[PDB]
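A look at one PDB structure holding MK-1775.
Along the sequence shown, the residues carry numbers beginning at 1. Whatever order the structure lists ligands and atoms in, that order sets their numbers, starting from 1.
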Amino acid sequence: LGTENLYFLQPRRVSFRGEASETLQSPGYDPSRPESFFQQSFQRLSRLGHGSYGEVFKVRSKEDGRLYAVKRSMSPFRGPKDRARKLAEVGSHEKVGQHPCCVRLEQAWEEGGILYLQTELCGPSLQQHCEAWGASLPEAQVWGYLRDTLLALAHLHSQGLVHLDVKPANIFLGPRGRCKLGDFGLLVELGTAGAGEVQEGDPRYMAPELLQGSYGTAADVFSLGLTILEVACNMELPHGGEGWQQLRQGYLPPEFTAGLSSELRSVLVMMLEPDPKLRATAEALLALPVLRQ
Ligand SMILES: C=CCn1c(=O)c2cnc(Nc3ccc(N4CCN(C)CC4)cc3)nc2n1-c1cccc(C(C)(C)O)n1
């Protein structure tokens with residue numbers, strides 16, 4: 001909080017469910033050496049992605065020799081609110097817990113005002129995959145991605161959690177056609193911190209009701225609806241303007257969606273229902289014969 005007297009450091013494990021072992025240890029790591037825990041405890045193999053948040057690296061852990069993704073924040077915390085905001089991702093990630101369609105958090109720690117998030121290394125995001133594909137993804141695969149991500153959303157929504165930033169860039173491929181939802185930085189728990197507390201996801205995938213500060217689990221279904229549209233049709237979604245409004249008026253452009261099967265188009269229509277009270281739930285979608293087993 002910005003009105004409290006906590007205004008104005010070596011590694012410390014971040015957890016909202018752990019033990020007195022806030023101290024980290026690892027092969028390769030000596031606290032008395034000047035290098036950070038991240039530098040000492042991991043082989044840095046490549047940079048998976050980057051942005052205003054910082055960077056994500058593919059790493060090999062010196063602890064177990066396994067591969068992971070580590071997201072490192074851009075610079076030291078601006079202050080307590082900045083810190084609480086970034087640390088909330090860890091808490092979010094933990095409330096999800098272990099679900100086969102959600103990216104697992106291995107561990108998290110802060111050092112020198114920098115936050116590090118270590119997660120299981122999955123395959124490329126759907127966005128990266130579509131870019132490498134250079135075209136529409138086959139529907140056979142898309143049905144699989146839709147179902148997995150619906151299972152993740154069903155999980156989140158059961159606990160009154162809303163992701164609020166579902167998009168191709170944070171659904172990651174698994175082996176043999178599976179995929180996992182990740183990037184839980186914007187996730188909110190409904191009815192917790194009621195005075196707050198949303199920031200807004202990517203405008204391309206934003207549910208229309210959010211413009212009016214009205215949010216609920218339904219917003220995630222709409223976001224996924226547009227996610228699947230983009231990857232299934234190889235369609236660039238608008239950030240705004242006439243096209244943005246049209247996609248939130250139940251309109252599906254023929255010049256990109258003519259190649260959809262009737263069954264998939266039918267499912268997208270339910271997900272892109274402008275009125276969140278009529279929009280299908282993830283549980284209801286999963287109950288349809290076309291999305292079971
Ligand atoms: C907390 C970190 C978020 N995050 C994960 O949790 C995570 C897990 N697995 C992966 N895997 C992954 C594997 C390969 C690739 N690429 C292959 C190499 N290309 C040049 C780029 C694409 C790419 C990824 N990637 C993962 N993450 C990741 C990696 C890059 C970018 C982003 C965001 C969502 C922040 O944009 N997230």
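- Here, the chain sharing the greatest number of close atom pairs with MK-1775 is referred to in the PDB entry as Membrane-associated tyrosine- and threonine-specific cdc2-inhibitory kinase.
- The residue-level binding site of MK-1775 (heavy-atom cut-off 4.0 Å) is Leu48, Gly49, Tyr53, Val56, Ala69, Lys71, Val103, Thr119, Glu120, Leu121, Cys122, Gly123, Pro124, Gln128, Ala169, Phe172.
- Residues of chain A contacting MK-1775 are concentrated in UniProt domain Protein kinase.
- Near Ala169, meaning under 4.0 Å from one of its heavy atoms, MK-1775 places the atoms 34 (C).
- Atoms of MK-1775 lying under 4.0 Å from any heavy atom of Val103, numbered from 1 in the order shown and given with element: 6 (O).
- By the definition of a contact as any protein heavy atom under 4.0 Å away, atom 12 (C) of MK-1775 is in contact.
- Covalent bond for MK-1775 in this entry: none.
- Counting protein heavy atoms only, atom 8 (C) of MK-1775 is closest to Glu120 O, 3.3 Å.
- Protein heavy atom at the shortest distance from atom 17 (C) of MK-1775 is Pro124 CG, 4.3 Å.
- Looking from atom 26 (C) of MK-1775 to the surrounding protein, the closest heavy atom is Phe172 CE2, 3.2 Å.
- For MK-1775, one of its N or O atoms has an N or O atom of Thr119 under 3.5 Å away.
- Nearest protein heavy-atom neighbour of atom 19 (N) of MK-1775: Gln128 OE1, 4.4 Å.
- Protein heavy atom in closest approach to atom 14 (C) of MK-1775: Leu48 CD2, 3.7 Å.
- There are UniProt ATP-binding residues of chain A with a non-hydrogen atom under 4.0 Å from MK-1775, namely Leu48, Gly49, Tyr53, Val56, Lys71.
- With ligand atoms numbered from 1 in the order given, MK-1775 contributes 1 (C), 2 (C) to contacts under 4.0 Å with heavy atoms of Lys71.
- Distances between N or O atoms of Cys122 and those of MK-1775 include at least one value under 3.5 Å.
- If you check which protein heavy atom lies closest to atom 29 (C) of MK-1775, you get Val56 CG1, 3.7 Å.
- Lab note: nearest UniProt active-site residue of chain A to MK-1775, heavy atoms, 1 Å precision, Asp165, 7 Å.
- Distance screen at 4.0 Å: atom 35 (C) of MK-1775 has a protein heavy-atom neighbour inside the cut-off.
- Measured by non-hydrogen atoms, the distance from MK-1775 falls under 4.0 Å for no UniProt Mg(2+)-binding residue of chain A.
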Short N or O contacts of MK-1775 with protein, under 3.5 Å, listed by atom name?
residue, atom, partner, partner atom, Å
MK-1775, 6 (O), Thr119, OG1, 2.8
MK-1775, 9 (N), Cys122, N, 3.0
MK-1775, 11 (N), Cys122, O, 2.8
MK-1775, 11 (N), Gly123, O, 3.3

